[PDB]
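In this structure, Taxol is found bound to Tubulin beta-2B chain.
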Amino acid sequence: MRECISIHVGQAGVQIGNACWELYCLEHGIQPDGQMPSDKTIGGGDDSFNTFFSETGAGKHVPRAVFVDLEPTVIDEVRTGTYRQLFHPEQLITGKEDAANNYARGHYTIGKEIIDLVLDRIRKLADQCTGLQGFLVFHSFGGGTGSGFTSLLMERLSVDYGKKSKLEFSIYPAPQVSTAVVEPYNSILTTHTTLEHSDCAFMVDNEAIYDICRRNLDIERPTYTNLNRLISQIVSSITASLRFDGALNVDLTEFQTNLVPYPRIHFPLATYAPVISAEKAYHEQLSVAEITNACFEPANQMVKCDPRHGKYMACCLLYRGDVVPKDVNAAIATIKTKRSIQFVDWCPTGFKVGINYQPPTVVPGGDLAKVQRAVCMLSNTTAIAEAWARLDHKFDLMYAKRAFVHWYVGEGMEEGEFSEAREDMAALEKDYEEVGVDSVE
Amino acid sequence: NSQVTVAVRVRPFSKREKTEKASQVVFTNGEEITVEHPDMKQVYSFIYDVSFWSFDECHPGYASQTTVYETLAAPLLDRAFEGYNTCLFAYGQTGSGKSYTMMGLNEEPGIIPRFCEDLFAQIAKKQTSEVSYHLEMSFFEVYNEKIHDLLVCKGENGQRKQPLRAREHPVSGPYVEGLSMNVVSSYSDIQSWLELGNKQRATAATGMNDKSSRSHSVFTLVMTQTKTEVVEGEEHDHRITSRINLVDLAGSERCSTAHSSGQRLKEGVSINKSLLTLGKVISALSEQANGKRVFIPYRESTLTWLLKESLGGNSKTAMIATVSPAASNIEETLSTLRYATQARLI
Amino acid sequence: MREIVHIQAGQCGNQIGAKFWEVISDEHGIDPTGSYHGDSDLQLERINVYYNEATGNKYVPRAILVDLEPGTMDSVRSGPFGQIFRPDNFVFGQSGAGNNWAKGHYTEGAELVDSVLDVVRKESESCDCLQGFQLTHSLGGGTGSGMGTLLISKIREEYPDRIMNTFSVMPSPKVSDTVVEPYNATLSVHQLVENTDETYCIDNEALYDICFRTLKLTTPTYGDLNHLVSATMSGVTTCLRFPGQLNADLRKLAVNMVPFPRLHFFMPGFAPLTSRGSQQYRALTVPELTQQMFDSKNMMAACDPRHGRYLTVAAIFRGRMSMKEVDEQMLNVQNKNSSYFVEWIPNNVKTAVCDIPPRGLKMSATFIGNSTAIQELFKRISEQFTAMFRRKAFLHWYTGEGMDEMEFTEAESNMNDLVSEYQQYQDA
Ligand SMILES: CC(=O)O[C@H]1C(=O)[C@@]2(C)[C@H]([C@H](OC(=O)c3ccccc3)[C@]3(O)C[C@H](OC(=O)[C@H](O)[C@@H](NC(=O)c4ccccc4)c4ccccc4)C(C)=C1C3(C)C)[C@]1(OC(C)=O)CO[C@@H]1C[C@@H]2O
Ligand SMILES: Nc1nc2c(ncn2[C@@H]2O[C@H](COP(=O)(O)OP(=O)(O)OP(=O)(O)O)[C@@H](O)[C@H]2O)c(=O)[nH]1
Ligand SMILES: Nc1nc2c(ncn2[C@@H]2O[C@H](COP(=O)(O)OP(=O)(O)O)[C@@H](O)[C@H]2O)c(=O)[nH]1
Ligand SMILES: Nc1ncnc2c1ncn2[C@@H]1O[C@H](COP(=O)(O)OP(=O)(O)O)[C@@H](O)[C@H]1O
Ligand SMILES: [Mg+2]
């Protein structure tokens, strides 16, 4: 009825897709073998909902997802793991070799000879649909596949499919932390090619979640499991309106109209405010008046970017659980009363609201708690200009000496592409300054 | 104290491009040049040391062929006679004004004949019995960081393209082992040697156009003047060697847009690597003149390595960049400009 | 899958290999008969990175001996792990070199490198996808410096897009085991910097210091030194064999650790090295390992980075550990010790984490570092080189077998220009 395809691209993509499907299988009742013990006892209903999953005759439900890494090490864990009998083999191990942290291999050399199968499986999964709306692409700036393959794939999809909400759930580089010396070179060149074809690009950062998980969940020694089990909740809060019922169901075509004023500022953020554990699950009411402020309170955002250094061009709050709308209106009013939370003159309304009745589930073997009401705030700020500015500064410090460029020209690249991808980010850093200046009456 | 003096030259519309009513993206004012897209949103500026506005034959400051010669090459002549060395670079995408700018046409030539004929005239004027003059030429190329010579008539085999090698004599510097060095005193010899050479050059057909250069080509001259007459007798102790090096380079070939694998990409990768190393040499050597301690990477490329003694110390380099003002060549054009910009930089 | 060919050149290389295979097997469970008697399945999954499969579930490695004196053959054959190697790969010659580089590059090597490449190609084409190569050889001798460099220069001309490492056991400052080390080493670097992608300088005095101070071994032999070099060789090819939360490979490390094509000489290191009694008084964690991997006394390069500036550093962990600690501790090193790092690369640290640790440890680590300090290794060689070339001490053994002084001055000037390349990124 209302389908959505999920394109996991890279190690981060699969490490998040596993956490997402571990949740989507527990919510609806599906098992790792694609089976359903509960609802069949009754003999009716559509619990294993057809938005993300397909169906067969023997009860097997199959997800609508494509996986690709250009490296076997990750997908073979799925093939040999617990969720091996769920996925159709549309998991693309083409990993005779990896992208070596360079955007040039994922884009031209190692990208070609691999992309056509991805397009073919996307096409085979779209023909099954009856009015799909979406393409959720999971990827990672800084890497090669996530930087390059994402760009090439979006460039092909925007031609072959067109007016479909090509959404992105991306990991932004931490300003201090990183795991690659040539990460900015990849990030800038990813943005330059995706700034046209994408429609909305959500953004996280692994440093912010670390700070959160030590401040709120009280984890001093985490892993990536504890981060992706929290990202899966954001994505479920996004997709709940399609899978489940609810008062104000909010779909994916509504995000890009409310949060994206101009096609070049489609870089919003995310945050999950109730990140408390069972020790702290008690002693707190967890009402909407606390959560809507937590979502705006710094030290709870998922990208280290202080919005007090900027403004708010829009905001979307997607509730889920025993939430009454009047509490949401009171909360939004309280937020509008505060002086620190700055709003542009060209958006007095600001907010979109979404409400669902299904609470978040509790992935066992996890760190979160069972809450009766949870929230996700998407947000577009003028603050993220600081981060693009930082990355451009790094790019300049490195490219002034033409460091690491030989690895890129060695795989089909040209210095003009570097300067071209630079200037189209200066233009964006100037746009963010242009729009944030109030209108001259 | 070295000086570089990069430049640009904008070609006029060819008649074919005229009859299409193709648009004009490149504009000027004073000396600065700018590229205004058909979108007219993003505007750029690329101020240079020298600029040759050849967009028409009406505009003030129309830099004709005589002008381009007399403004760049003639200082190189006056320095080659002073006992210095000189190098010239000819960068330009296909269809930009390169061969017209180096060589020219029979009715309005380029730089090379105006170099060689000024040379021979000043020589036969200065050719006394006391001091003599000896010109020794060579003409070689580069291909996937391999050396090849363009002064041999290959017998038709698979190839006799001897993959020659570069060596480093300590005093005289780098050189090529096994290089033909023909002698010339009348310009019509150089034309015959070059017409036997460029046929042996490397090139192949691809999308944008067929006759696209895919190898750098150096044309070297050695002027030795035997002036030294010692008092006690007919002895000639000191003899001044002057090396001139005019190189026609290739294009960058952004291969993300042009599908190419196998050998063509192996050529484009190497051209791009050499262009980058050349940009690095020039951006370090312009700062050399400003007393800043910087090391020049001559060794990462054969082209910049063999010319360590022709792009350093006591010499006068030069770079001329030919770009089109058409609108179907805006991606290409800008690249060239930015290249030249990173060479001048101050 | 990615695959490796391990060439071994000279006594040092062929004695290191007998230890490297002795360990990789232990990690993969193979016995000296070629047979698998492990317990887990991770051992056999990515075993083709180093091995090939024989008839009856036996496993035969991609080793290529290339020596010219058979004194080292029978030591490997008649050993605890020599009955697995392929005898067609035991290349040997007679009439050895004599610690000469010209009798390994020109005279005797030019007669045998064809026979060697005929085996290298065989062990390549059996790979569904070749990633690169490995060359264990010791500068300072004849066959490891000459024949190895010849094979590098020819393999790269035949297989250029792939990787070609080299675990060069470079000379030592104080007590060298050959008088004409500098000649044989300079003429090797002249052909390694132009035909390599990542090279791993190893020095034996540093391994002595490690074996004496950290491990508290009063009687350290070469089997103990090679036991450390093997560990380092293993660390780079761990995320290629075993899984991880953040994977890596030769080429990722090459992109991150090689800013420019010439500066690919690395000071390695491996942690947790400890004594056999002091293991009761420790805590195997990430910060202690980072303390060791950055300490001057653990690096196998015989050169203090405290004299220079890390241009680019890496780290390849193994074990069930956190990524947050991995990020925070390395950032703490970037900040606390910022004088020993470069400012035109803000993140000078790469990371790589596997999940399947070594045979008997809950957590291990590995370290690679590109520092300006290693100029001291080469400058020193130059100060030896021109001390002898200026008077032509041992030259007639190099010219008589085919050479010229030009080939010596070329290498001298190249080495010195590389000393100068690392020097500009040290003071300003
Ligand atoms: C429980 C315990 O305390 O035994 C340890 C041990 O004592 C220590 C000291 C081991 C021991 O290693 C040494 O003493 C040593 C001496 C000289 C040179 C090199 C090592 C050990 O022998 C080494 C051995 O390390 C391994 O298990 C790995 O498999 C190692 N290779 C081999 O063991 C091996 C096996 C068969 C044949 C040849 C080698 C390895 C290291 C890196 C990558 C792969 C494998 C282990 C756990 C220990 C002993 C056994 C005491 C240490 O070794 C390593 C490489 O980590 C030395 O310090 C570490 C920390 C360990 O605690
Ligand atoms: N949140 C999260 N991020 C990850 C995870 N794994 C890797 N990353 C991010 O990925 C970046 C490293 O590059 P990758 O995204 O893994 O690149 P890749 O997709 O593996 O493609 P290659 O570059 O060819 O290896 C790091 O900056 C991490 O922030 C993960 O499991 N969870
Ligand atoms: N670590 C280690 N070093 C060695 C070994 N054998 C020799 N060396 C070193 O290698 C150098 C001699 O090189 P050699 O192997 O004789 O070269 P070849 O004669 O050409 O094969 C000396 O400086 C030694 O320190 C060994 O088994 N282990
Ligand atoms: N300054 C100029 N004035 C008039 N026409 C020019 C000028 N420069 C170039 N052209 C025209 O452009 C064309 C250049 O062709 P070509 O020699 O192939 O240039 P390139 O080698 O740069 O591609 C010629 O046909 C010539 O008529
Ligand atoms: Mg990867």
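Below, read A as the first sequence line, B as the second, and so on, with proteins coming before strands; counting in each chain starts at 1. All values below were derived from every heavy atom in this structure, side-chain atoms included, with hydrogens, water molecules and symmetry-related copies excluded. In each ligand, atom 1 is the first atom listed, and ligand 1 is the first ligand listed.
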- [ ] Give every ligand number or chain letter for Taxol.
- [x]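 For Taxol, that's ligand 1.
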Task: Neighbouring chains of Taxol (ligand 1) at under 4.0 Å, heavy atoms only - done: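 Other chains, by heavy atom: C.
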Task: Other ligands and ions less than 4.0 Å from Taxol (ligand 1) - done: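 Within less than 4.0 Å, you get none.
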TODO: Give the residue and atom sharing a covalent bond with Taxol (ligand 1), or say none.
DONE: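 Covalent bond: none modeled.
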Open item on the list: Could you check the entry and tell me where chain C comes from?
Closed with: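 Going by the PDB entry, Sus scrofa.
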Open item on the list: I'm trying to map the binding site of Taxol (ligand 1) - which residues have a heavy atom under 4.0 Å from it?
Closed with: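 At that heavy-atom cut-off, the residues are C:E22, C:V23, C:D26, C:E27, C:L215, C:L217, C:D224, C:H227, C:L228, C:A231, C:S234, C:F270, C:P272, C:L273, C:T274, C:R276, C:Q279, C:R359, C:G360, C:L361.
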